[PDB]
Amino acid sequence: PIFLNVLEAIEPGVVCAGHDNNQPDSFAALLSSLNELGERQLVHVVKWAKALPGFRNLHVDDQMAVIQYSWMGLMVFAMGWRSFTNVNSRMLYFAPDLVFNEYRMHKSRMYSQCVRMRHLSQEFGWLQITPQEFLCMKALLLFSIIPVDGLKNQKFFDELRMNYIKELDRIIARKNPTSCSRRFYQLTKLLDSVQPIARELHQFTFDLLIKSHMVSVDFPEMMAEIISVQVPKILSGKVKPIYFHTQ
Amino acid sequence: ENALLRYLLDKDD
Ligand SMILES: C[C@]12CC[C@H]3[C@@H](CCC4=CC(=O)CC[C@@]43C)[C@@H]1CC[C@@H]2O
């Protein structure tokens, strides 16, 4: 199982947000900690992506692009998984030092978004998603959002995405075709469900960046740049998710 | 051109 071996081997470890849990909750402290967590996880997503089979055959500008567009979805999906495995989706396990209960979901001013993320987490339970299905699905999320005008070398991206879909299908293949078919259907629907969540978070973080000075929310270096240059391309429709099913 | 991100992509470390 060469492909699964690799994904297992390269999977990032635990990342802490640096949140002070000894202090009372506030919108500013929670969001500043989430922002710092995003920066920390981005460092890990880059190291991971570089190690994915075939990633480096992409044009370097395209490597940059897929990372810059896909991080929100990737990170939401991984957080959904952590939440499922660590706390049976009861709370949102952003990091060991940043676990959102309902009060934090309210104080963060992201309650509705948190609801959807917890629903995603529950799906891993409801669908009985395996660790190996999770790994293949997460890898595929890196290749699920691109410019409508295409990438620099679209053909190499298309080939890579194709191969990650095939690896997912293999990990699903059940000597009964109907079982594998229903399963692939379910998992592709679940992958699609990440995108509207990521989009709502894109809008929220962009709006927050625009007003960050007014609410005492800190955005680290890479996050601020990505959210001001790359995220607006998503929000303006220049960059769109790749859906399996018609929305 | 995100310099910090490109640096992370370019560095081996
Ligand atoms: C983008 C954001 C900071 C980074 C957060 C994001 C919510 C989803 C998320 C889950 C993680 O596990 C890493 C941090 C991220 C990626 C937050 C929504 C608003 C805040 O500005």
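The chains are labelled alphabetically, A first, in the order the sequence lines are listed. Just so it is clear, chain A uses the PDB entry numbers, and the residues here are 671-843, 846-919, in order. Chain B uses the PDB entry numbers throughout; the residues present, in order, are 741-753. Structure method, as recorded: X-ray crystallography, 1.9 Å. What's counted below: heavy atoms across the whole structure, side chains too, no hydrogens, waters or symmetry copies. Remember, it's 1-based here, ligands and their atoms both numbered in the order they're listed.
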Of the candidates homatropine, equilin, oseltamivir carboxylate, testosterone, estradiol, which one shows up at ligand 1?
testosterone
Chief macromolecule bound to testosterone (UniProt)
Androgen receptor
Show which other chains sit less than 4.0 Å from testosterone, counting heavy atoms only.
A
Show the atoms of testosterone that are less than 4.0 angstrom away from any heavy atom in A:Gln711.
11 (C), 12 (O), 13 (C)
What protein heavy atom lies closest to atom 12 (O) of testosterone? Include the residue and the distance to one decimal.
A:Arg752 NH2, 3.0 Å
For A:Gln783, state whether at least one heavy atom is located under 4.0 Å from any atom of testosterone.
no
Please work out which of A:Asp879, A:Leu873, A:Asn705 has its closest non-hydrogen atom nearest to atom 20 (C) of testosterone.
A:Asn705
Point out the UniProt domain of chain A where most residues touching testosterone sit.
NR LBD
